[PDB]
J.: 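PDB structure, Prostaglandin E2 receptor EP2 subtype holding evatanepag.
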Amino acid sequence: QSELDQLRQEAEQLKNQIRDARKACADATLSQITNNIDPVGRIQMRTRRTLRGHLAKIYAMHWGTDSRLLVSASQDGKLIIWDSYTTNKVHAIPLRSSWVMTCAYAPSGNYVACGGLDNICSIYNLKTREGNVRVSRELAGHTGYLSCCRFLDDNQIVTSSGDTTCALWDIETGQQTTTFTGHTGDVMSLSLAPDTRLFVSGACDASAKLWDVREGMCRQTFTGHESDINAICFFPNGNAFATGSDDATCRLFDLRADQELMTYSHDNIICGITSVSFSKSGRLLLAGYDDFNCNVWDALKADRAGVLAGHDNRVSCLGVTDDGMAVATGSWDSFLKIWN
Amino acid sequence: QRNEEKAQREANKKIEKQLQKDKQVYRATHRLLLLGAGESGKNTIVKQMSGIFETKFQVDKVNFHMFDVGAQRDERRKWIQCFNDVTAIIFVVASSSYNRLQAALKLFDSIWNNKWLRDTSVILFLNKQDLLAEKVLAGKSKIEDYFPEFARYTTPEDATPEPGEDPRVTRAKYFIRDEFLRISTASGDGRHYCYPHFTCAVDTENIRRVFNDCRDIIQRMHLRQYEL
Amino acid sequence: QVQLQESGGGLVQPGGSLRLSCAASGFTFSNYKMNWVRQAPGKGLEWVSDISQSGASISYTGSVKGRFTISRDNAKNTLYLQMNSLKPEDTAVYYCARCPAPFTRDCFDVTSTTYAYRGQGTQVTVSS
Amino acid sequence: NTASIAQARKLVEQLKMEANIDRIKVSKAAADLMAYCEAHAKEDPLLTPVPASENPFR
Amino acid sequence: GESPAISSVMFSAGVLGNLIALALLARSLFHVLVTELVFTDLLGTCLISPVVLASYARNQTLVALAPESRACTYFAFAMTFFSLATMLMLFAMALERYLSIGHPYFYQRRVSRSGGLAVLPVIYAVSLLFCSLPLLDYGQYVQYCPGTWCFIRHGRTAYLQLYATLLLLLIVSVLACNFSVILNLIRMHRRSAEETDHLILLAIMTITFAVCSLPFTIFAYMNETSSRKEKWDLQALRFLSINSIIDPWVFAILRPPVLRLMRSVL
Ligand SMILES: CC(C)(C)c1ccc(CN(Cc2cccc(OCC(=O)O)c2)S(=O)(=O)c2cccnc2)cc1
């Protein structure tokens, strides 16, 4: 149509205007003002622990804010809560559906969420009054599979789904408080900022978006990648973030310059990134890959400075503890390992 | 101190003795993925046996779980990776459709050549043959104009069909089966096999076919432990 | 951004010839297997043809084999489809699609209703 | 036809609304990232090996 | 003067084959079973063969028992115990393969790798029982005409026939399991490569087992006069020994991949 034609023309005109503004705001590369600092040398970690007890591949894993308790979700239908110091299993929740793809820990330590192909994020209470661990809630209302759940507090939770929409739920009531639309592909990962006012989300349309939780609108959009985005993580200060995609490339985007700062890639890498995470200082960027290995990148110099090669199958999840002391890694060979 | 640590060890031992009972049940079950072309006849097959529907059945004291994705989108390059440990993908193809047959062929080619589905075998059910017989005897619906090598194709010598069918039906069925088997014999890495069959809504032998095919899959899986 | 701009369409008498072009930007064109798909009026999306990374492996659907020919220039990042002896049932909207992952031999959802790495397509009309 | 007009409205208004963003130069933001990485390089147990006595995973 | 040539090359080949086979696995239930098998064979070799080697330089065919006064009792005990151990290990491996190819579903749940380490402990237990039965003077050990070895005495006892019939039952069971697995491999090759090369390896294994273990059993049901005078009872045990030598070779070195790539290149 002619209306559709002029709408697409105006959209392209605004796109060109935004690109012009970005190129105007780009004066010096991050790799140009960082060449004066010294490199991190060589980072070589050792496998301190190895948690066994899962039957099938492990999709999710999330540290607790006490930096001691850990949760893992495997495809046999199990949600296991481990004590990471002494290796003892603290809980083992059996799930109603075997296809759990995500799991989360409450920042208070009282609840645990998990969702999957059943389009529901179930909330389990770990502190029942003289009872066992039983399901507290089942947040339903998504149309596609549930890719990520994240707690805001004991009463709010933000979820990503395979129907290209994110949602914000009030656990007490049980209905979607807010719905974040705009993506054109399945939303794969979401990341909360240090303060809980904003959060980023990556989808299968090779784009990432920044949402404000309270208003519910999209602030910024970042389109540096060229394939499906699998992993996303905020910088420790909340002014930048990092993504991993299937084009075998990680990217560090800025929230204030509104464009991509750094690219972490190597020609010898032809596998996609499944998970990314930052250390406590933000100088290290850990990235798990499909070639069964994990690579540590110098987030400022963009040069790889270590490898974590201990898993036999695809590295599915990867998480740094909230105090920066250990790194948990879960793979499709049904083993979580702690590195330090 | 020591009291909390011994309580934690008690809890861990109880959790582990429960996980053993759960592991013994997880190993006696064989999970199957029913992945039809959509409105292709998989509904009849699941009639014979939320976001995902599940059907449990039992053959000769062996337990089978069959999963079918429900409320999902038509894009399946992300939630299909969850089914790489499934022992078999049951792939239903509406053989009467011919362009849905090329769509099913492209789907089968993408599943066969996927990086994570490269060790998973496929039991292929070429359903809806009654309408195919109707259309090939009527001569109003053509396979020639959608598969230009239907002519020039001579029916193979093996696999004598049932005598109650018109030889043209046999020619069409074996043409489609060879169309799938060419992709299946595309060579390369994978360690997986295709077990094609000819079914209908009248059959009641399908669960035993799946049973025997899973038996052969498990046999070939065991046979790999005797190598390197 | 990942941009795929198709051109070359138009109205042509039955038996005529066309050459559709597809210009790509925002990705390494030589790492991806490319597809030509089409949507007919009142019908869904249909897979027409595809070509691999180097260009050695080429495939067409049944109803176009012998008439159309696909090709790719990795030096200029362009995908060409030459259509010969068109028929009245070739009138459709043609899309230039890229399948999502590089270096793979499988392209899953190029024919899905909402697919991100497609184009807007050109209308090819066959009439007299 | 008309079902595309609504989504085109959506996209064009989203672009109009996210085009008016104050974007500082890359220099200042990259310097802020460097300052954060340098001020907290002292508290990163993964960046420097911690003594094996206070390491909980000894 | 009786040359040690037959013992030297045999012991050398046995120990070198066991070491080459152990190196390539020292890095599934079949893995546990193969490592326990090669461990048992090599341990038996090191604990037995130096003893028969010792009475070659310490005597010019004059002092059969030079070392001690009851040493051949130890030799006979070790011989019987280690033969039972190796035969029972081969039986366990054949039974594992048979259940794996013959009854897959049943093998799918009940048999797990964790219970694989327990095979060695119970095999040693039953072997000690059935080999210490005579040591309580229910049987008798005697030194044989070559003087270099000691073994169960013919006559005046019913122990030799029991040992022979137990080994014969184990042999018959191993052969039945191997033939059933061959039948199943042929059937799954006809229903459909690797089946043909598995068949080659399993056929050569069955032949070298049935040719190198039946001589002893047949020569154990004969008169003591024609046995010692004709000097066949020595080869009757040497064949069981070369069976123990060949087993690790075709269980670890000539794996179906190796034979497949060799038949492909040739
Ligand atoms: C337990 C088992 C593995 C079956 C075994 C049994 C017996 C021997 C001793 N052996 C045979 C023997 C018997 C009787 C007399 C004799 O003496 C020979 C002579 O001088 O006539 C030699 S063995 O040849 O040392 C040898 C062969 C293969 C592997 N390991 C050692 C070794 C190993």
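Residue numbers begin at 1 in each chain, while the letters A, B, ... track the order of the sequences. For ligands, and for the atoms within them, numbers begin at 1 and follow the listed sequence. Below, each value reflects all heavy atoms present in this structure, side chains not excepted, and no hydrogens, waters or symmetry copies.
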J.: Specify the chains or ligands that represent evatanepag.
T.: ligand 1
J.: Help me out: which other chains have any heavy atom nearer than 4.0 Å to evatanepag?
T.: E
J.: Hey, which residues are hanging around evatanepag within 4.0 Å, heavy atoms only?
T.: E/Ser7, E/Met10, E/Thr45, E/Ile48, E/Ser49, E/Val52, E/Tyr56, E/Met79, E/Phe82, E/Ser83, E/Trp149, E/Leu234, E/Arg238, E/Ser241, E/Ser244, E/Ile245
J.: I'm mapping contacts: which UniProt transmembrane segments of chain E, counted N-terminal first, have a heavy atom under 4.0 Å from evatanepag?
T.: 1, 2, 3, 7
J.: I'm curious, what organism does the PDB give for chain E?
T.: Homo sapiens
